[PDB]
Number of protein chains: 2
Amino acid sequence: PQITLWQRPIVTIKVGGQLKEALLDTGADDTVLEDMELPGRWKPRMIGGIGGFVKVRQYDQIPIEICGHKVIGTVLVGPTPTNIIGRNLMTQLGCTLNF
Amino acid sequence: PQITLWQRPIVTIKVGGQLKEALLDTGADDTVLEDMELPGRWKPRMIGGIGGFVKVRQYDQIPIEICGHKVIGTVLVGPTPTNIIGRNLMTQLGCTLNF
Ligand SMILES: CCC[C@@]1(CCc2ccccc2)CC(O)=C([C@H](CC)c2cccc(NS(=O)(=O)c3ccc(C(F)(F)F)cn3)c2)C(=O)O1
């Protein structure tokens, strides 16, 4: 699709069988999700946002459907104002910024 | 332009007579710049993101030139770790996400 920015660019994602809303965020290097159960082992990571740093759990090679497109990549789980889709997964979508 | 997302989408801006680099962030409601002087009255605000909340000064109707295009909007200033251009200005550039 083509998504304008007059409202938050929120899309429906499917992760671990669950439908969720997530924000397409070109300012985010990584994908950060609200607390949920994910399979496999996790590794520690610290990420920086406008408010400072947060400790997150890093899970690798997690499949997510974003608007019906299947992507598979790293997801970080921790305290966040909302589910955030970052550039790591937007590049798998072939997503670009256009003006 | 069409900007891919393999790297951070960073652009040159001119604001309050200062030239700076800033990150195009589709996930940010608002534009938030590192602490600086801007003309006019301001109001204090607390804005939330990853890492928590940041105290900012809100300036209204500030002209910013982004990649040569003049836009006008509210500009927040405070101790953000990076200059961020939010949706409030990206819309004025006609910027869309496409996949
Ligand atoms: C995953 C980290 C993401 C990011 C990284 C910033 C960065 C980049 C390079 C180097 C250092 C730091 C980008 C980002 O959009 C935000 C948040 C939204 C998730 C953000 C950015 C700008 C302003 C705000 N405050 S706000 O009032 O405009 C706002 C509040 C909430 C949301 C919501 F959609 F996320 F809920 C969006 N905007 C928040 C952030 O806090 O850090």
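The chains carry the letters A, B, and so on, in the order of their sequence lines. Shown for chain A, in order and in the PDB entry numbering: 1-99. Residue numbering in chain B adheres to the PDB entry, whereby the residues present occupy positions 1-99 in order. One-based numbering, in listed order, for ligands and for the atoms of each.
Looking at ligand 1, the drug there is tipranavir. Bound to tipranavir with the largest number of contacts is the chain that the PDB entry calls Protease. Counting only non-hydrogen atoms, chains lying under 4.0 Å from tipranavir: A, B. According to the entry, the source organism of chain B is Human immunodeficiency virus 1. In A:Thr82, the part holding a heavy atom less than 4.0 Å from any atom of tipranavir is the side chain.
Atoms of tipranavir lying under 4.0 Å from at least one heavy atom of B:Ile50, given by number and element, are 1 (C), 2 (C), 40 (C), 41 (O).
Contacts between A:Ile84 and tipranavir, counted as non-hydrogen atom pairs separated by less than 4.0 Å, involve the side chain only.
Distances from tipranavir to the non-hydrogen atoms of B:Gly48 include at least one value under 4.0 Å. Every atom of tipranavir with a heavy atom of B:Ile47 under 4.0 Å away is listed here by number and element: 25 (N), 27 (O). Annotation: atom 22 (C) of tipranavir to nearest protein heavy atom, B:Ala28 CB, 3.4 Å.
Closest to atom 32 (C) of tipranavir, if we only count protein heavy atoms, is A:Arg8 NH2, 3.5 Å. With a 4.0 Å heavy-atom cut-off, tipranavir is reached by the side chain of A:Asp25 but not by its N, CA, C or O. Nearest to atom 37 (C) of tipranavir among the protein's heavy atoms is B:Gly27 O, 3.2 Å.
For B:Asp30, heavy-atom contacts with tipranavir shorter than 4.0 Å involve the backbone as well as the side chain. Close approach to B:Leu23 involves these atoms of tipranavir, each under 4.0 Å from a residue heavy atom: 8 (C). Which parts of tipranavir touch A:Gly49 is read off a 4.0 Å heavy-atom cut-off, strictly below it: atoms 40 (C), 41 (O), 42 (O). Closest heavy-atom approach to atom 38 (N) of tipranavir within the set A:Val56, B:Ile85, B:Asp29, B:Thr31: this belongs to B:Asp29. The set of residues with a heavy atom less than 4.0 Å from tipranavir is A:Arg8, A:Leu23, A:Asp25, A:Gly27, A:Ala28, A:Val32, A:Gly48, A:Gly49, A:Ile50, A:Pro81, A:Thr82, A:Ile84, B:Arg8, B:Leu23, B:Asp25, B:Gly27, B:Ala28, B:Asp29, B:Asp30, B:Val32, B:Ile47, B:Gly48, B:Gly49, B:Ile50, B:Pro81, B:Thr82.
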